Amino acid sequence: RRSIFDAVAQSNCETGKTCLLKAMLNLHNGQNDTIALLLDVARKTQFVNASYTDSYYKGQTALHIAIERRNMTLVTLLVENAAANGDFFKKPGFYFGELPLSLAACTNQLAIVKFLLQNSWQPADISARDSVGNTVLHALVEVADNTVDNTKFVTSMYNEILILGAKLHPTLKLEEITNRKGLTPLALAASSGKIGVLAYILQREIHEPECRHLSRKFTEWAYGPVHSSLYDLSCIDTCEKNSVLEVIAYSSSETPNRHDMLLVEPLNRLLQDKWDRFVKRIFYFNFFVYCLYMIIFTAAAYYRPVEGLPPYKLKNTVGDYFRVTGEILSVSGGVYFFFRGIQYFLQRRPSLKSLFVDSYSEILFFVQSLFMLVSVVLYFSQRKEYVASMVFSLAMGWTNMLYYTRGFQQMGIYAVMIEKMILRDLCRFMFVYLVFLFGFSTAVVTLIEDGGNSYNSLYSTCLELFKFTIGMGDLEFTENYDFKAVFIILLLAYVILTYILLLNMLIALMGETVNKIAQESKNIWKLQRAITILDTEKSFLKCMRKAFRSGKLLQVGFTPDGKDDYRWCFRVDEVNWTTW
Amino acid sequence: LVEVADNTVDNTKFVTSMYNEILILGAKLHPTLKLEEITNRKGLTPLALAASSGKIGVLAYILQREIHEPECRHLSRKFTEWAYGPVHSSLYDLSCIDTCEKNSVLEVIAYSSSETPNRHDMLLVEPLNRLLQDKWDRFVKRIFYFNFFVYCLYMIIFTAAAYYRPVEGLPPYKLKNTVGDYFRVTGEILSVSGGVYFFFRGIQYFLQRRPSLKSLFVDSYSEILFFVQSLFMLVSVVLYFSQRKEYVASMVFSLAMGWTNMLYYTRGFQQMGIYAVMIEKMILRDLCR
Ligand SMILES: C=C(C)[C@]12C[C@@H](C)[C@@]34O[C@](Cc5ccccc5)(O[C@@H]1[C@@H]3C=C(COC(=O)Cc1ccc(O)c(OC)c1)C[C@]1(O)C(=O)C(C)=C[C@@H]41)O2
Ligand SMILES: C=C(C)[C@]12C[C@@H](C)[C@@]34O[C@](Cc5ccccc5)(O[C@@H]1[C@@H]3C=C(COC(=O)Cc1ccc(O)c(OC)c1)C[C@]1(O)C(=O)C(C)=C[C@@H]41)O2
């Protein structure tokens, strides 16, 4: 075999590699003319279809070798006279699918895909799926990397393959096909964060006369420099499969461009449509009930009985009856919040690494309801430590009231700033501040002998050095030291190091954040409103699920089979002067 | 040729071009001789010289240079292994980069006197920026977390033995038949041993570098602080055996200084490693003016 392999390598006329595959691989400038001889010799004596049996490169055949090399003539010769299941092509490796046509499409080889698709000797199957279930369009969308030229040719190839498949097979619906996981090419582009492919798919009009029915953004009329466009909105607002809007919003936040992935033509106005139509009165009746429950909880916490031990027997007074009713309403609200929070994590199962960075408002609403259930537990088992939990519940809830500024734009970017500092710029600076506080507090408490004023306490001396950070500390707070020149050196060093060097450095860090999330979070607020709209829509499913459905059913054209095309469209308008 | 370099796009361009041409021509006439290995009297090599003098352009050229020609390809560093599609995996030569008989490129860039212009971003060249990471992940992230833990476990031996010091009489203090006194004595011994270790680890560091005074505080600040901590406690040892009660004023300074030096170990974290670099720069520049 060495002479044959050596001659094939010389280009002179386990792994399981064949001479044809070896010859094709070891070809320079397409000079491997011995491949024809082997194929011709093989014909005189199944050989062309032989493939490597190695698990790493399982399934690779001659067609793949020629396709990779961009050889039109070699590909045509091989075709005229399979799927690579190897770990190299499964999700150092390159994924393109597991079909020759997917190899052609994923590499921009437009001519080769045309040749394969309508190859007279053997045509390829457009709708075939690999092991993962991905079709061709799934591979094309997966390959996307969000670059102007990259998005350019991926969208171009998608459009070309789509038109060609429609021309050969008008009946079949290619986009509706799904992989094993269940997603569609549009849903996949929405989930994976590929903004370019989503922007293409959502608003794509193909002008050609016959194959116009596979388009979304139509036109209704144009009198002058003005024209009103439609949209298709098929699986956008709601569908059997996951909707584009829900996927973008309920995404794990690992998706790159979630915040500004809603600026595409339909979504940015479909979201607004829902907000104005039937949600602005359900985000103002939910705010009012919360404001009316925090005056039932506050007024019943402020007038709690002070004499004796709990529980307290009722008295024949109107005040006591009202207090009992207030307590019942408060506890009912607490239980409702606890369940509304418990059955939210089961729906998402958010990862710990992003438990606080994506659901902060909900974590807080849950943590509030824990403190009050703990109070219910402690108050019936004859304890008076239930006040320390009711108080925390009250303060936490009043400060959670800020969650409802989610609707306002000017104020919705002010409760987004208090989430971001408390997470990023106030947990670093307390790792870098307690070090100084404890170092100098241990120093000072060790210097003083003390072996009343009672400044021999590591608690009192840690506290008194924290009032040097709010500018409310007495320098001569003790006189028990034996070495004044050291004590008043330590304090004066501490004041400079923390009051003047650390506080005035944390302010700069918060200033940078305030700029950043003051000129960026304008889209995070829109996203938060989008989640609010989605949850509000989900809550009232029983009431007006179908009744409050966006978009109107309209005729678009004629399905190629001969029937009529009716779809749920959303109308938009525009004005343009320079085009005429 | 490397010495003449001044780090300009066109300047780097023709210096690199001339270097490549002279190298190829010398290889063609004399393939046997290794020209780069030659050194001047000081001992440096052209690559080591480009690394020491701060010439980033020549270093970037030399580290990753592939010459495609068929015969004279053996004088190259950045090869290629395979390319299936739009993907290709490159190699590198890393001959005297990680370690060598002559000074390594990595050590020269790091242990430089800091007069070198571009030290901070002179490690972005192809090999170094990932070779450094390789070492970090492979066998150093568990030696910068066992060195942090021992320091955190020694500052709870020093603090707990400083906080419970005897208050009655004059030093030294005779031992008592109590478990508390034995534990205090052990804490003192451990603390003093740590102090001596730090003092020697600091004294034999300056001999290795002999840093200039003008850049004594601008390049070794973390080490100056670790040394100054160990001086205060050796002074305390000196004063405490010679029957004085002024050793508390030094032990206290040692304790505070060490707790605040704990910040040196945020060197590994990225988000927190740029917060202890800000407290060095203000205290030097914006709080002495
Ligand atoms: C993230 C969590 C678990 C958190 C829970 C409590 C303990 C909390 O302290 C923090 C940390 C903290 C503690 C003290 C001062 C600052 C920060 O922040 C909140 C948490 C911080 C707040 C308010 O936080 C906010 O920024 C309001 C807010 C911003 C954005 C939102 O979308 C939002 O919706 C609920 C609420 C108030 C407290 O809940 C409160 O009243 C008490 C007693 C402590 C505050 O821990
Ligand atoms: C540079 C030197 C010699 C220095 C030595 C001592 C006296 C020091 O005051 C300074 C000047 C000073 C004094 C008082 C307030 C601010 C600054 O800064 C440090 C020095 C400043 C510090 C902490 O300095 C830091 O920024 C921490 C740090 C930052 C970056 C690092 O790489 C680092 O590694 C060790 C440590 C704390 C003290 O050591 C301390 O605890 C006491 C009692 C004085 C501080 O002189």
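Per chain, numbering begins at 1; letters A, B, ... match sequence-line order. Numbering of ligands and ligand atoms starts at 1, following listing order. Not the full deposit; the contacts listed refer only to the portion displayed.
At ligand 2, the PDB records name the drug as resiniferatoxin. By chain letter, those with a heavy atom nearer than 4.0 Å to resiniferatoxin (ligand 2) are A, B. Site of resiniferatoxin (ligand 2) with heavy atoms closer than 4.0 Å: A:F440, A:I496, A:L497, B:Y221, B:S222, B:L225, B:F226, B:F253, B:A256, B:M257, B:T260, B:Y264, B:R267, B:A276, B:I279, B:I283. According to the entry, the source organism of chain B is Rattus norvegicus.
Within 4.0 Å of resiniferatoxin (ligand 2), counting heavy atoms, one finds these UniProt resiniferatoxin-binding residues of chain B: B:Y221, B:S222, B:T260, B:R267.
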